[PDB]
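Below is protease with saquinavir bound.
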There are 2 protein chains.
Amino acid sequence: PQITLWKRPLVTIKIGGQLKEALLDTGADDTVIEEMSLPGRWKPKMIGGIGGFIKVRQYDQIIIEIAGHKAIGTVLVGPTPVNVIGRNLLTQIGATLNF
Amino acid sequence: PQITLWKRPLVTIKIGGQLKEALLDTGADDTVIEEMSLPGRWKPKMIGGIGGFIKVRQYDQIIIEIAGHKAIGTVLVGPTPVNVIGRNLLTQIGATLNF
Ligand SMILES: CC(C)(C)NC(=O)[C@@H]1C[C@@H]2CCCC[C@@H]2CN1C[C@@H](O)[C@H](Cc1ccccc1)NC(=O)[C@H](CC(N)=O)NC(=O)c1ccc2ccccc2n1
């Protein structure tokens, strides 16, 4: 598909057995998902952007379906107002920016 | 061009007659540039990112060249750690996300 950028590029994702809306975010190094009770071990991390840093839980090898495309990788869980799909997973679904 | 996402999608921009590096960011509503002297009238604004809200200077109708493509639009100047080109300008240069 082609997604224009007039509106936020939000898509449906499946993670941990749940459907969520998430932002396809070329400016994010990492994938950051709103607080949710994922099972398994995790590592503390701090991630930054405009306004400073937040504390998140780093989960490895998490399966996520993004707009119908399967991916597996690192997902950071913490208090974000928007679920962010970053480049670690955008590459797995073969996403490009075109102009 | 077609830009893949294994690396940050950094391009050269020209703003205020000056060359800078900036990130093409589909997740950003707005464009935020690091502190600089910029010709024009501005007004104070706040904007929020992953780590909270910051104060910025809002400059309207600023000419900016992005990877050789022209845009004229709003630029927010403030203590952003990375120059970010958001959807307000990505739409002007015809950028889309594809997968
Ligand atoms: C630019 C602005 C208009 C303020 N918009 C946003 O910031 C929106 C805010 C939304 C709601 C909060 C949750 C994030 C989303 C997406 N973001 C866009 C979004 O694309 C944002 C843009 C950005 C890039 C780099 C540095 C600063 C800001 N990316 C990020 O916040 C990601 C998050 C992460 N993966 O760790 N940050 C980075 O990838 C990143 C890269 C290099 C850096 C160097 C030093 C310090 C921090 C750095 N952070």
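Chain A is the first sequence line, chain B the second, and so forth, proteins listed ahead of strands; every chain is numbered from 1. Values reported hereafter were calculated over all heavy atoms of this structure, with side chains retained and with hydrogens, waters and symmetry mates removed. Each ligand, and each atom within it, is numbered from 1 in the order the structure gives.
Contact chains for saquinavir (heavy atom under 4.0 Å, other chains only): A, B. Per-residue contacts place A/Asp29 under 4.0 angstrom from the following atoms of saquinavir (heavy atoms of the residue considered): 35 (N), 39 (O), 41 (C). Saquinavir places these atoms under 4.0 Å from at least one heavy atom of B/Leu23: 24 (C). Residue B/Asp25 holds the heavy atom nearest to atom 18 (C) of saquinavir of all those in A/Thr31, A/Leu76, B/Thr26, B/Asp25.
Distance from atom 42 (C) of saquinavir to its nearest protein heavy atom, with residue and atom name: B/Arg8 NH2, 3.3 Å. By heavy-atom distance, the residue among B/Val82, A/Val32, B/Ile54 lying nearest atom 25 (C) of saquinavir is B/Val82. Atom 9 (C) of saquinavir has B/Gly49 CA, 3.8 Å as its closest protein atom, hydrogens excluded (heavy atom only). Some N or O of A/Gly27 is nearer than 3.5 Å to an N or O of saquinavir, by distance alone. Close to saquinavir: B/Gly48, with a non-hydrogen atom less than 4.0 angstrom away. Residue A/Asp30 has at least one heavy-atom neighbour below 4.0 Å for each of these atoms of saquinavir: 34 (C), 35 (N), 36 (O). Contact annotation for A/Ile50 and saquinavir: heavy atoms of both the backbone and the side chain come within less than 4.0 Å of the ligand. Any N or O atom pair closer than 3.5 Å counts here, and B/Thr80 shares no such pair with saquinavir. For saquinavir, the atoms lying closer than 4.0 Å to a non-hydrogen atom of A/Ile47 are 36 (O). From the protein, the heavy atom lying nearest to atom 46 (C) of saquinavir is B/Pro81 CB, 4.0 Å. When hydrogens are left out, the protein atom nearest atom 23 (C) of saquinavir is B/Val84 CG2, 4.0 Å; that is the closest non-hydrogen contact.
The PDB entry identifies the source organism of chain A as Human immunodeficiency virus 1. The binding site of saquinavir (heavy atoms under 4.0 Å) is made of A/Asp25, A/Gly27, A/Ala28, A/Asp29, A/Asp30, A/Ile47, A/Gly48, A/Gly49, A/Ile50, A/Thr80, A/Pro81, A/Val82, B/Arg8, B/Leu23, B/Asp25, B/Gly27, B/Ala28, B/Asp30, B/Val32, B/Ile47, B/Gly48, B/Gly49, B/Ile50, B/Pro81, B/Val82, B/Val84.
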Give every pair made of an N or O atom of saquinavir and a protein N or O atom lying under 3.5 Å apart, one pair per line with both atom names and the distance to 0.1 Å, or write 'none'.
residue	atom	partner	partner atom	Å
saquinavir	20 (O)	A/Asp25	OD1	2.6
saquinavir	20 (O)	A/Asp25	OD2	3.1
saquinavir	20 (O)	B/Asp25	OD1	2.9
saquinavir	20 (O)	B/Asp25	OD2	2.6
saquinavir	29 (N)	A/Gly27	O	3.2
saquinavir	35 (N)	A/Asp29	N	3.4
saquinavir	35 (N)	A/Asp30	N	3.2
saquinavir	36 (O)	A/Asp30	OD2	3.3
saquinavir	37 (N)	A/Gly48	O	3.1
saquinavir	39 (O)	A/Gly27	O	3.4
saquinavir	39 (O)	A/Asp29	N	3.0
saquinavir	49 (N)	A/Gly48	O	3.2

